[PDB]
Structures are given as structure tokens and as C-alpha cells.
Undergrad: 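I came across a structure with methotrexate and want to understand it better.
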2 protein chains.
Amino acid sequence: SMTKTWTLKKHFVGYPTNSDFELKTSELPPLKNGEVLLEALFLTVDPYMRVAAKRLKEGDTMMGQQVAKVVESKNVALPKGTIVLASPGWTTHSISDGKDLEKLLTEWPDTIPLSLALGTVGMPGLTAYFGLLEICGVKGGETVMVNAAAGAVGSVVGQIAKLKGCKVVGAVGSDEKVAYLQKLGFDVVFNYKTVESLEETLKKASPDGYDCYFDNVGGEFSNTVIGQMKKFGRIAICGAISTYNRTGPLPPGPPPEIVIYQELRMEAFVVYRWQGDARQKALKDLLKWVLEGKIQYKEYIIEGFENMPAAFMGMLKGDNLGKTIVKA
Amino acid sequence: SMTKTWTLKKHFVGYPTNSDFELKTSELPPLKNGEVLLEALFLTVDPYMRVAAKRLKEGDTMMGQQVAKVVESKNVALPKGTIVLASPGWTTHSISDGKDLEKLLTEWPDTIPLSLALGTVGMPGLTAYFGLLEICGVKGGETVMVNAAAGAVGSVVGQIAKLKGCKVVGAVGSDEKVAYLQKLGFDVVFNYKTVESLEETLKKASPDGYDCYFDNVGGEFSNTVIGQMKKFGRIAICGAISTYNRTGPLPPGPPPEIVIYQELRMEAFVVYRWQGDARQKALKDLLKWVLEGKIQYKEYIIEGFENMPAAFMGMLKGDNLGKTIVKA
Ligand SMILES: CN(Cc1cnc2nc(N)nc(N)c2n1)c1ccc(C(=O)N[C@@H](CCC(=O)O)C(=O)O)cc1
Ligand SMILES: CN(Cc1cnc2nc(N)nc(N)c2n1)c1ccc(C(=O)N[C@@H](CCC(=O)O)C(=O)O)cc1
Ligand SMILES: [Cl-]
Ligand SMILES: [Cl-]
């Protein structure tokens, strides 16, 4: 059984380039007992891979999740044709013993793409759900600031915020994303790349300030938002994508006098903190809200495993509208 | 009657200097009904004044709290001789209508100096109390890092943590402060100015990391501590004294990837958040611990109201062992 694999050939400096990756064709051993052979159907690329790749050694497989089908099975719990979520990395075929696999929701309907299991009704959507509902702790009526608002996490954060009864101000990197989020129902959406003054734009978007900040971006942008947080404002620190592809020193930290005077609470989190009953409940909620039309989705599907590095680089640079997914 | 007052002659640039302050003598009017004339007994100087002074206009009185005696009274709740806490700023005498005054605890004993009402058994001690017990939420058996650990706040934090069963690692700016806290029994104390490597020093002090960080200092020092926090570690942001006198940009912030991976919770606070029963209970706990010897105190008492700017500047430089107090 053959497989293709994208490995890290050279550690990224700034943004990745194509020569930092190397495609390798490898032979897989026959299935041992209890194992299954998985064929990737859809693979995801996500911002955290830029950071996690710094702990790889050159020659290692790029990390990542995929929706796959069992093509050969020596495990009766996972017969041939079963669809699963698996994280073997950027590889077309992989062998698993079944412990590290997740079946899709039992009521997953024919009407929603399986690829949403890597997005809105998968790990990005769960990140939004717990970051907003538990870390920010929205009760309804808050003004929420969300950046990278057209990504899979941010778009879910903003739409959950709307259905919980919040005002949502979203920052995105292109005019195409501005129009998209306005159609989704965000109260204010703006292109942070072209606005004359981020501080002025945020003050006009909410003269009263912000109760909650769902922060995917970090850096100088968050320093500006911090200066417009209300007293006891809550910040959920989900990512710092503005720093992942940085070439020099990190930007200044936030102004402590404002942080202290406003008694801000800032908590970072990773989606894996939540498991079991909480996590199954959240996936069911996300699926229900999608079916009810309260959460709309959009995917940027790139065809061909050979284009995974390019999909990752375009995703990191904000070139793609919707969740970037690679179709095998 | 007459009063002397220290005013802000010019906004501070960097550390305050002598030329930034101006002493003025003024005439107070007669007492209207319900008012009292107050004579300062002890005045405090504190780091927050470096920050709050930025909001003053030139010519304004410097802000701050004092222990005062009622020397003349037209208010039956405050007879002559009553000792109160009041915040008229840096002034020897003032008129108040009673609604902005605080009587000392009813049970205040003759064995502890009245000046402690501005320190260990006053706002600095309360800051330590709530910051540690409610913001860090220590339970017993944790490892706590506290900086400015020989200050009025830090020394209470470390000693409360000790009586709750925690390992305490303290950072201070002089060998005299190191020796004093080591005698008090803090598990590890070091002079952050002289260590060969702050990272190595913190590693040896707690190989497994820090559960709680009580932060008075901020800046680059806190970046190093954040890198050694345990998962779900809790930071109480009380002050950032290392930044208050800065003349240029703030240092970089912590590596965002470490904050996220360790899922840290960082919350800033000011003691005034707690009022009523919560504050009274805390003050009585602090008094009880002092009487029982579980909290030792130290004061640096400067004689003469004319020396208040010098006391303020010495305190900001860390030149004094013990809470800095001015005896009128
Ligand atoms: C699976 N997962 C949780 C998560 C978070 N941090 C990690 N960090 C590491 N080191 N390793 C992990 N496996 C990991 N996993 C995810 C996956 C995607 C996104 C995410 O932010 N995706 C983008 C994708 C954007 C796009 O496709 O354009 C988004 O904004 O939705 C977050 C968490
Ligand atoms: C009264 N109080 C609460 C507090 C805190 N921040 C404020 N900030 C502002 N702007 N305004 C206030 N009134 C204010 N009050 C205090 C007072 C002192 C310390 C403090 O940290 N004192 C020094 C004293 C050290 C010394 O005297 O040598 C220390 O670090 O221990 C903290 C809070
Ligand atoms: Cl963007
Ligand atoms: Cl110090």
C-alpha cells in the first residue's frame, strides 16, 4: 500500500515557501491485527501548523487532521467504508489502530459536506464555541470584538455571538471578507489593512467600548483593542497569527496601566481542554445551528493533495475566502 | 486655619525629580456644620501615584491617603480626637464632611503602630490579600512567584502564602531585601538585579514551574516568569512598577505560543473592587495575623512633611526596606 506525504524539508523563515516542503512517496507495511488503512478524502490546513512546525525535525511529516475513509480493515469496530476524523499529518494514506480515530456525529445529514467536520462543525467551530461561551462567558447583550473574523473560528464566533444576543464587530483582511461577514449579520465589519486608523475605526464601531475580545491575531492589533475594553472586560486568547510568520522581535506588550485600571481578565485556551459530555454537546449544538441557518458556512476547496503546501501558504496569507480544505 | 500642600509643578518625565514638585501654603476656611478639620499624622507614598499623576493638571495637589486626627469638629459622628483614614492628598490639614472618611478598625490595639493602617493592615495588605486569595485563588501547596516581594504588597503576599502552606519564590532589588525575606522564611529569594540568569534562577527555584504569579513589576521580568508557569497557571496583575517611569516603548510581550499552550489565566485588579463585608473581613484577618506573628511588618518612616517628595522618589527607586511612610 503506497502513500504520499508532505514533510518539512527546511524550517520556515517568515512565511513558508514551496522549497520548505518536500513530497515523499513511501511504502506502508501490511495491516497488523486491529489496524485499518485510511484514505484521505479532505485534509485541513490551519494557522497553528505554522507554530507547531517549529518543533518538528527536518524530514518530519507536517501535522494535521483529515476526513478519511477506511479502505481496508482488520478491525471489526471500523469496517470498510467508515468515515473518520484522523490526524496522521499531510499524507494520502495512513495506518491506525483505531484508538486515535473519531467517528462523525451519528446524525450527520447528507445535506452538509463531510468537509465541515474539519471546520464549522469541527475543531475550529468548537474553538469558537468554548472560547466565546466559556472563556469570554457571554451572557447576551455584550459588544464583542473578533479578529480574523472570516476564518473558520472567527466566522463561527461572530454568528454564535449574534444568536446569543450580542453586538459583533469583526476585523478582516480583505474587502471580499468584509462583504461576506456583513451578509452573515455582523454588526460592524472592516478591513484592518485599509482603514486609516484602527483606533478611530474601533471607537466609531463601539463608542462604549468592548465587553469581550475573541483574539486570534495578537500583536499591535490587540494592544489597540485593549485600550477600548470596558471595565472587567474579558479577553479570550485563542491565537496570535500576526506573530507566527514574524521575522524580527515580538511587538510591545499591552499598556499595563490600561490593563490594570480596567481590571481586564485575559485567558488563553486550546479546544482540547473540553472533552466528553461538554464536547459532544457542543458539536451537536453547532450542527443544530447550521441546520437552523443560524450559522452559515463557506469553504475554499482546493483540489489535489499535491497543492497542500500552496493551500497552507495561501491560507496563512489570507488569500482564501472560507475555510481552506484540500480535497484528495 | 493654615495648611501646607505638595503640588505637581511639572509632569514627570522618567523618574520624578525635585523640580517637579512645589510646596504651597494656603488658608483653609472656617468649618461649616457637619464638617471636621483634620491634621495628618502619617502620609503614605505609593507607586500608583506615578501613574495617577499623569491625569493631574499642573498645580494640582498630589493624591494619596493619610492617617489623620480630628482637631476641630462640627460633626457628631467624628468628635475631636477621632483617628481616621482620609485621602485629601499631600497636605498637612484638610476639611472634610465625613462622607469620604474611614474610621480605623474598632479593635485596633495599642501594640501596633497607627501607620500600619496605610500598609500591612491597609490598602497594600488588602491588595495582597485579594490578589492572592481570590485572583490567584491559592488553595494550599502551590508554588507562588511574587516580585517586589519586600514591598508592602509583596511581603504580605508571600507571608499569607506561607501560612496557607505554599512554596514562595520572591524577587527583590537588593541584598538587604533578600536577607530580610530569607529570615522571614520565604523558600527562595533572589536579587533580580544581580542574578547571572533570571531564567536559570527561576528554574532552580521551582523545577516543576509556578502555579501562581503575583505580579507587581511587569516588563521583561514577567516574560521570563510566564515561560515557567504550569498549565492553567494563574497570574494576578497588581502592578507594573518597572514600566511606570518608562521613557520609550514597552518591552516585548510574552511569547504568545507559550501563553496559549499553557492556557494561562491572567487577571488584573485594584483593591477598591472589594467593599463592605468582604473588605472588613480581610482587614480583620490581616490584623489578626499581625497580632499572631504570622505576618511581620517593616516600615521606613521619614520624618517631616517637607520630605514627602524625597520619600516618594526613594520609594519608586526601591531604596527603602519597609513600607515608606511620612510622619507629618
Ligand atoms: C484542531 N484545532 C485545535 C488545535 C489548536 N492548537 C493546536 N496547537 C498544536 N500545537 N497542535 C494542535 N494539534 C492544535 N490543535 C484547531 C484547528 C484549526 C483552528 C483554526 O484556527 N483554523 C483556522 C483556519 C483558517 C482558514 O482555513 O483560513 C480558522 O481560523 O478557522 C484552530 C484550532
Ligand atoms: C491604595 N492602593 C490601591 C490602589 C492601587 N492602584 C491605584 N491606582 C490608581 N490610579 N489610583 C488609586 N487610588 C489606586 N489605589 C495601593 C497602595 C499601595 C500599593 C503598593 O503596591 N504599594 C507599594 C509600597 C512599597 C513601599 O512603600 O516601599 C508596594 O509595592 O508594596 C498598592 C495599592
Ligand atoms: Cl484576514
Ligand atoms: Cl525590589
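The alphabet sets the chain names here, A first, running in the order the sequence lines are given. For chain A, we keep the numbers from the PDB entry: what you see runs 2-329, in order. Using the numbering of the PDB entry, the residues shown for chain B are 2-329, in order. Remember, it's 1-based here, ligands and their atoms both numbered in the order they're listed. Quick check of the header: X-ray crystallography, 2.0 Å. What you see below is based on every heavy atom in this structure, not just the backbone, and it leaves out hydrogens, waters and symmetry mates.
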Undergrad: If I want every copy of methotrexate, which ligands or chains do I look at?
TA: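 It maps to ligands 1 and 2.
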Undergrad: Identify the main binding partner of methotrexate (ligand 2) here and report its name as listed in the PDB entry.
TA: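 The chain with most contacts is Prostaglandin reductase 1.
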Undergrad: Hey, which other chains get a heavy atom under 4.0 Å from methotrexate (ligand 2)?
TA: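 Heavy-atom contacts come from B.
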Undergrad: Nearest to atom 18 (C) of methotrexate (ligand 2), what protein heavy atom do you find, and at what distance?
TA: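 For atom 18 (C) of methotrexate (ligand 2), the nearest protein heavy atom comes out as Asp47(B) OD1, 3.0 Å.
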Undergrad: Minimum distance, heavy atoms only, to atom 23 (C) of methotrexate (ligand 2): which one of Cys239(B), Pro48(B), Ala153(B) is it?
TA: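 Residue with the shortest heavy-atom distance to the ligand atom: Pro48(B).
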Undergrad: So if I count the atoms of methotrexate (ligand 2) from 1 in the order they appear, which ones are less than 4.0 Å from some heavy atom of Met124(B)?
TA: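 Those of methotrexate (ligand 2) that fall under 4.0 Å from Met124(B) are 1 (C), 2 (N).
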Undergrad: Within methotrexate (ligand 2), which atoms have a heavy atom of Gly323(B) less than 4.0 Å away?
TA: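 Those of methotrexate (ligand 2) that fall under 4.0 Å from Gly323(B) are 28 (O).
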Undergrad: Run the numbers for me: atoms of methotrexate (ligand 2), each under 4.0 Å from some heavy atom of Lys324(B), listed by number.
TA: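 Near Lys324(B), the atoms of methotrexate (ligand 2) are 27 (O).
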Undergrad: Looking at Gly152(B), which atoms of methotrexate (ligand 2) are within less than 4.0 Å of one of its heavy atoms?
TA: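 Going through methotrexate (ligand 2) atom by atom, the ones under 4.0 Å from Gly152(B) are 31 (O).
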Undergrad: Determine, using heavy atoms of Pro125(B) and all atoms of methotrexate (ligand 2), whether some pair is separated by less than 4.0 Å.
TA: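 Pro125(B): in contact with methotrexate (ligand 2) (<4.0 Å).
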Undergrad: Got the closest protein heavy atom to atom 10 (N) of methotrexate (ligand 2), with its distance?
TA: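 Checking every protein heavy atom, the shortest distance to atom 10 (N) of methotrexate (ligand 2) gives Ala53(B) CB, 4.0 Å.
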Undergrad: Under 3.5 Å between some N or O of methotrexate (ligand 2) and some N or O of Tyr49(B)?
TA: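 No.
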Undergrad: Can you name the atoms of methotrexate (ligand 2), numbered from 1 with element, that are less than 4.0 Å from a heavy atom of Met316(B)?
TA: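 Those atoms are 26 (C), 27 (O), 28 (O).
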Undergrad: Considering only the protein, which heavy-atom contact is closest to atom 5 (C) of methotrexate (ligand 2), and what is its distance?
TA: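 That would be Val271(B) CG1, 3.9 Å.
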Undergrad: Test your reading of the structure: does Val154(B) have an N or O sitting under 3.5 Å from an N or O of methotrexate (ligand 2)?
TA: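 Between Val154(B) and methotrexate (ligand 2) (N or O atoms, distance only) the closest approach is under 3.5 Å.
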Undergrad: If you take the residues UniProt annotates as binding NADP(+) in chain B, which of them have a heavy atom under 4.0 Å from methotrexate (ligand 2)?
TA: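 Checking heavy atoms, the UniProt NADP(+) residues near methotrexate (ligand 2) are: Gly152(B), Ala153(B), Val154(B), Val271(B), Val272(B).
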Undergrad: Looking only at protein heavy atoms, identify the closest one to atom 33 (C) of methotrexate (ligand 2) and say how far it is in Å.
TA: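 Ranking protein heavy atoms by distance from atom 33 (C) of methotrexate (ligand 2), first comes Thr128(B) OG1, 3.6 Å.
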Undergrad: Looking only at protein heavy atoms, identify the closest one to atom 3 (C) of methotrexate (ligand 2) and say how far it is in Å.
TA: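 Nearest protein contact, heavy atoms only, for atom 3 (C) of methotrexate (ligand 2) is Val272(B) CG1, 3.5 Å.
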Undergrad: Say whether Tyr273(B), considering both its backbone and side-chain N or O atoms, lies within less than 3.5 Å of an N or O atom on methotrexate (ligand 2).
TA: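 Between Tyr273(B) and methotrexate (ligand 2), an N or O pair is found under 3.5 Å apart.
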Undergrad: I'm curious which residues sit within 4.0 Å of methotrexate (ligand 2), going by heavy atoms - can you tell me?
TA: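 Within 4.0 Å on heavy atoms: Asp47(B), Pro48(B), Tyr49(B), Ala53(B), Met124(B), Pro125(B), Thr128(B), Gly152(B), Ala153(B), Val154(B), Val271(B), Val272(B), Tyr273(B), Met316(B), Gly323(B), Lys324(B), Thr325(B).
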Undergrad: Go ahead and list the nitrogen or oxygen contacts between methotrexate (ligand 2) and the protein that come in under 3.5 Å, distances to 0.1 Å, or just say none.
TA:
from, atom 1, to, atom 2, distance (Å)
methotrexate (ligand 2), 13 (N), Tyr273(B), OH, 3.1
methotrexate (ligand 2), 15 (N), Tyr273(B), OH, 3.0
methotrexate (ligand 2), 27 (O), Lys324(B), NZ, 3.1
methotrexate (ligand 2), 27 (O), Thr325(B), N, 3.0
methotrexate (ligand 2), 31 (O), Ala153(B), N, 2.8
methotrexate (ligand 2), 31 (O), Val154(B), N, 2.7

